[PDB]
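Accompanying notes for the structure given below.
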Amino acid sequence: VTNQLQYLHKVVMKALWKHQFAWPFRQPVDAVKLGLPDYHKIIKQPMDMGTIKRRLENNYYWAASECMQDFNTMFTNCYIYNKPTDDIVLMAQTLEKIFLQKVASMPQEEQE
Amino acid sequence: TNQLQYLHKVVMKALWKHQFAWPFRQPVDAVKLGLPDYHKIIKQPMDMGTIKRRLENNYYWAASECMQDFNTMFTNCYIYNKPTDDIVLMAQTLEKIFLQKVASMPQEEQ
Ligand SMILES: Nc1nc2c(ncn2COCCO)c(=O)[nH]1
Ligand SMILES: Nc1nc2c(ncn2COCCO)c(=O)[nH]1
């Protein structure tokens, strides 16, 4: 497995998964459960930490950059769809700041 | 530091020249662009011109802190604009390059 995907699993996902703001992102947006009949109109590429976490457990990723894009798509989905004033937006912002400051310490290069 | 230099000369380099970069090279001008609610909604304006100047003037103490400014700039765009505005596509494209360039950053400190 890659040095960088190992960092993404054990440092980034470990931090973000147990975070007190993580729960709205731990599973796919369920448009029916949440009452969002336009969600899949607006968000064409849904993403969530459950999917990323399993994808790290199943070595589905080839490069770290593609794990990073899933994280980024997840947060971007949230800012695009939700209202500027929704608490979910500031939860995503808080989680994204951690993702970014962890990524600033990720190795370079590749392995495996 | 080595990482700030990389963010200056590799990351900011690539993004500045990009064909979608022009809305992001200078602060949003809410009055010229016709957006009287822009500052009611975005409380932390940010833009690559401000980030470039801060890197030239040694404003940043750490890499993560310049990376946060890049993120704020993109997030502002996503939060303020309608999902279908082209500028959202432009920010996503730029942000993807940003993440990919950041993954190859020297891991140290300097
Ligand atoms: N579904 C749901 N779970 C929550 C809420 N607050 C905390 N949790 C549990 O997740 C926190 C991590 O254990 C909440 O408001 N709703
Ligand atoms: N109430 C609540 N909002 C959520 C949840 N998951 C997603 N959202 C709404 O944000 C969608 C952004 O892509 C969740 O389980 N709790």
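Letters go in sequence order (proteins before strands), and every chain restarts at 1. Basis for what follows: all heavy atoms, side chains included, without hydrogens, waters or symmetry-related copies. Every number for a ligand or one of its atoms is a count from 1 in the order of the listing. Determined via X-ray crystallography, 2.2 Å.
Tallying contacts with ligand 2, the largest count belongs to the chain named in UniProt as Bromodomain-containing protein 2. The drug or drug candidate found at ligand 2 is aciclovir. Other chains within a heavy-atom distance below 4.0 Å of aciclovir (ligand 2) are, by letter, A. At a heavy-atom cut-off of 4.0 Å, the residues contacting aciclovir (ligand 2) are A/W23, A/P24, A/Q27, A/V29, A/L34, A/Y39, A/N77, A/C78, A/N82, A/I88.
Restricting to residues UniProt lists as binding protein in chain A, the heavy-atom distances under 4.0 Å from aciclovir (ligand 2) involve A/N82.
The distance from aciclovir (ligand 2) to the heavy atoms of A/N77 drops below 4.0 Å at these ligand atoms: 13 (O).
The closest protein non-hydrogen atom to atom 6 (N) of aciclovir (ligand 2) is A/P24 O, 2.7 Å.
The UniProt domain of chain A that supplies most contacts to aciclovir (ligand 2) is Bromo 1. The distance from aciclovir (ligand 2) to the heavy atoms of A/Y39 drops below 4.0 Å at these ligand atoms: 11 (C), 12 (C), 13 (O).
For aciclovir (ligand 2), the polar-atom distance check against A/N82 finds a nitrogen or oxygen pair separated by under 3.5 Å. Among all protein heavy atoms, the one lying closest to atom 16 (N) of aciclovir (ligand 2) is A/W23 CZ3, 3.1 Å.
For atom 1 (N) of aciclovir (ligand 2), the nearest protein heavy atom (residue, atom name, distance) is A/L34 CD2, 3.5 Å.
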Present, as a list of atom pairs with distances to 0.1 Å, all nitrogen or oxygen contacts under 3.5 Å between aciclovir (ligand 2) and the protein.
| residue | atom | partner | partner atom | Å |
| --- | --- | --- | --- | --- |
| aciclovir (ligand 2) | 6 (N) | A/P24 | O | 2.7 |
| aciclovir (ligand 2) | 10 (O) | A/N82 | OD1 | 3.1 |
| aciclovir (ligand 2) | 13 (O) | A/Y39 | OH | 2.6 |

